[PDB]
Amino acid sequence: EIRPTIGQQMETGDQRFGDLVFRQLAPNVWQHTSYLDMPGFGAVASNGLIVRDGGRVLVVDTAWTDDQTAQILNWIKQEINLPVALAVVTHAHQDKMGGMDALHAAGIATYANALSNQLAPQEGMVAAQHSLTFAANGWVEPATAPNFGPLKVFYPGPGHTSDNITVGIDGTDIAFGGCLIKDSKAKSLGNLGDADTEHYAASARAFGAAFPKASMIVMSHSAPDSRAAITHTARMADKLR
Ligand SMILES: CC1(C)S[C@H]([C@H](NC(=O)[C@H](N)c2ccccc2)C(=O)O)N[C@H]1C(=O)O
Ligand SMILES: [Zn+2]
Ligand SMILES: [Zn+2]
């Protein structure tokens, strides 16, 4: 059993598949978890989502690596056996975009914030093949997110990074904060090296206001939590100003 140094542990309702862990969150939503083995430190878990939308599947975030991301695709093939229409990746760091080449090799259409695509080559990442753009209030421009089904993409403002985006799952009470949101018991906001410490608090609160009726908040490095993940993250971020 993988026991990560950073990230949630395995509990009841988790399926180990190869090097990854999968957890069903709703009838049509699963969390994927992959692990970066840091020598002398141990495993760092990172989470994304898999959403079934009728006869097709949608993915939020890659795993840390191409091979792990190919394992996500293998899990989808075994457990769902429907084609992946597209993936949305939530900023230009390894935990979220490290596996782009596996998605591209599989022929899956990839989407990211235009700014993530512009930053990708500066972050040792491969850009997504399509760029999302956003309104002044953070909502994605719908012409840039064709046929996204239940994925409702929201740019909350700079926080964990300047490019971080978030995703609500319409038809459910789930919203995904990626690395912007930390859980209600977290002591740290994680890596602030690329963060906007001035705007972080407002960006965390904007995510909450964008999906005001989401009761299950999914994030990169903890198990799904209540809305207290949002409010606690914002309270920690208030201390940065
Ligand atoms: C879990 C992290 C502290 S590391 C991860 C990310 N870092 C990477 O993906 C790096 N490539 C990395 C380098 C060394 C060890 C682990 C990750 C970041 O900088 O936001 N997201 C951070 C976070 O979400 O706070
Ligand atoms: Zn990051
Ligand atoms: Zn992260």
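Sequence positions, counted from 1, serve as the residue numbers for this chain. Side chains included, hydrogens not; waters and symmetry mates left out as well; all remaining heavy atoms used. Counting starts at 1 for both ligands and their atoms, following the listed order.
Looking at ligand 1, the drug there is ampicillin (open form).
In this structure the chain with most contacts to ampicillin (open form) is the one UniProt names Metallo-beta-lactamase type 2. Using a 4.0 Å heavy-atom cut-off, the binding site of ampicillin (open form) is formed by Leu36, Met38, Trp64, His93, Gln94, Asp95, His160, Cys179, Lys182, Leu189, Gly190, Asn191, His221. For atom 25 (O) of ampicillin (open form), the nearest protein heavy atom lies under 4.0 Å away. There is a protein heavy atom closer than 4.0 angstrom to atom 21 (N) of ampicillin (open form). Shortest contact from atom 13 (C) of ampicillin (open form) to any protein heavy atom: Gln94 OE1, 4.8 Å. Looking at the UniProt Zn(2+)-binding residues of chain A, I find a heavy atom under 4.0 Å from ampicillin (open form) for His93, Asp95, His160, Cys179, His221. The nearest protein heavy atom to atom 18 (C) of ampicillin (open form) is closer than 4.0 Å.
Here the heavy atom of the protein found nearest to atom 3 (C) of ampicillin (open form) is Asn191 N, 3.7 Å. Protein heavy atom closest to atom 7 (N) of ampicillin (open form), with residue, atom name and distance, is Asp95 OD1, 4.6 Å. My check of the UniProt substrate-binding residues in chain A for heavy atoms under 4.0 Å from ampicillin (open form) returns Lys182, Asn191. Set against the non-hydrogen atoms of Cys179, the atoms of ampicillin (open form) under 4.0 Å away are 24 (O). Some N or O of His221 is nearer than 3.5 Å to an N or O of ampicillin (open form), by distance alone. Taking a cut-off of under 4.0 Å to the non-hydrogen atoms of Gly190, the atoms of ampicillin (open form) that pass are 25 (O).
For a threshold of 3.5 Å applied to N or O pairs, the pair formed by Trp64 and ampicillin (open form) contains no separation below that value. The source field of the entry for chain A reads Klebsiella pneumoniae. Protein heavy atom nearest atom 23 (C) of ampicillin (open form), with residue, atom name and distance: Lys182 NZ, 3.3 Å. Using 4.0 Å as the cut-off, the other ligands and ions neighbouring ampicillin (open form) are ligand 2 (zinc ion), ligand 3 (zinc ion). Interface atoms of ampicillin (open form) facing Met38, defined by a heavy-atom separation under 4.0 Å, are 15 (C), 16 (C). Under a 4.0 Å criterion applied to the non-hydrogen atoms of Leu36, ampicillin (open form) contributes the atoms 16 (C), 17 (C).
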